[PDB]
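Here's Cytochrome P450 3A5 with ritonavir bound to it.
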Amino acid sequence: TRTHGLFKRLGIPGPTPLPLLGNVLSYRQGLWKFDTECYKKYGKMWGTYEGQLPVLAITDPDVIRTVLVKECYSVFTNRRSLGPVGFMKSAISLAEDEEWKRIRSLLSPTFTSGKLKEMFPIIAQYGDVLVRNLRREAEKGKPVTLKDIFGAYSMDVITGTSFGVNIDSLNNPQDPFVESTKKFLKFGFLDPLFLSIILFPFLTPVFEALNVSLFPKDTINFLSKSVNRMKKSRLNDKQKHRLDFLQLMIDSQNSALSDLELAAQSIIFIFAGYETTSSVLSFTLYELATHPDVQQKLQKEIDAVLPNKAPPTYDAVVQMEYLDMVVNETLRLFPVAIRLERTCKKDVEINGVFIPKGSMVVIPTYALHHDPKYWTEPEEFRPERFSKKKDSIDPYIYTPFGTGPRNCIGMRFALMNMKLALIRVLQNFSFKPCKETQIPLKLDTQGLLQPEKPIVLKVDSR
Ligand SMILES: CC(C)c1nc(CN(C)C(=O)N[C@H](C(=O)N[C@@H](Cc2ccccc2)C[C@H](O)[C@H](Cc2ccccc2)NC(=O)OCc2cncs2)C(C)C)cs1
Ligand code: HEM
């Protein structure tokens, strides 16, 4: 109740906060739904409270440009001050201020145009295994749980291109990396440990001293230990040397990246490479199965650019007009990060009102992606909205990978291996909804964008 008068003090609209909880009780419907309702109810700018933390939501593209680009280094340098996390504070998505600039600069050469071109044969090989394993479920005639097999593909791709190691997750029913990584998705806003940090932020140093973390400790330890084995095997074996993500961090120690810092960056990449890639792929295939005209029209383009099921090329992947439209439209309906989050490093006036230091500024990506002002009938899947040329698309309304220095470091990587998977499977298969298919697709109410029930489809040849 201490800060619960800040937004009325500035003449900013917003829902009335509950004394101890603020507006967190309104997250029960889903953080995406709360931002949508607030966007329609209030204007271009509304204020909420996560416990004591004041949260300013902005939708003016001119204002969004200021916080994400112009004043990114000036003020909005840090994303969000998370609770008790332990050594994971050095992870790039959690780092702050100059430490983040150092980590980001060191990791930036990971995804250049040349490095994307070199890892293409690695990704293409996993795609062959993907088509081979998906054929077995098709010839049997059983429904396919998309998040399983496409999750194994994503886990294989990220580990193979970042650490040069083939863990064979596509052919491992009990793959340890997937079992570990999917534990990051279980935590939600109404979890007792996390909810206590929201309501009582002063508990974060307490749990830190007690060595309690918001992250699953079994998962953190397995990945840290498993990554440390791949690093030691990289130094003893000079023949297995590739200029990749893991190597780039090993070269940092010649100057300087800690073993914990190296483990922190690896955990982010493994989680991002597995979860986001497989989630969006499962939405794309859901939208294709529920829109057969779009799927067959997408297959028509593939068979033309790659005649006779020809293996794709790097350039042929980035040439495809309709494929880029299908992926961009999936990311419009299902932006996996509901919002873009920035924290005021100092006191700043944003849109005229003065915002105190420590407050959070939020760009409601999901709400702006579903705005009827920018998208006619926003709940419908129409790849025709987009073209491969994005000259007309506002960079601050359509933000599936964020914008500015803090944008997604792996956007080009994520778009490549998703398109490669789609090309490979669509030139060999067609996806149909079945009895277990949930239509319409209901979104989950906790954390990242996830289906309420796992997406299952039937897969046939051709
Ligand atoms: C930490 C994890 C176990 C928890 N998940 C939850 C579920 N919830 C409500 C959230 O995650 N809610 C919020 C959130 O999504 N924050 C995030 C917003 C975001 C989204 C996309 C890209 C970049 C940043 C920002 C956070 O720093 C998380 C922390 C993290 C790290 C490793 C593994 C899992 C999670 N970062 C990521 O998920 O980065 C991975 C990604 C990179 N590119 C796309 S996803 C925060 C309150 C954490 C509670 S605790
Ligand atoms: C469909 C796939 C993906 C989507 C939609 C996505 C989306 C996003 C978004 C919205 C952000 C925040 C942008 C901002 O705050 O301005 C982000 C940040 C980030 N992404 Fe992704 N992501 C994807 C895949 C990946 C992959 C595969 C990797 C790495 C292999 C990755 C690495 C990162 C990192 C490290 C950050 C934080 C960068 C920083 O804080 O400086 N992402 N991503």
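Since chain A takes its numbers from the PDB entry, the residues it shows come out as 27-281, 289-495. Hydrogens, waters and symmetry mates play no part in the numbers below; they use all other heavy atoms, side chains included. Order of appearance sets the numbers: ligands from 1, and atoms from 1 within every ligand.
For ritonavir, every matching ligand or chain, copies included, can be listed as ligand 1. The residues lying within 4.0 Å of ritonavir, counted on heavy atoms, are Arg105, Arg106, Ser119, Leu120, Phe210, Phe213, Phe215, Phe220, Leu240, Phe241, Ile301, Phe304, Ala305, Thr309, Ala370, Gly480, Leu481. The PDB entry lists the organism for chain A as Homo sapiens.
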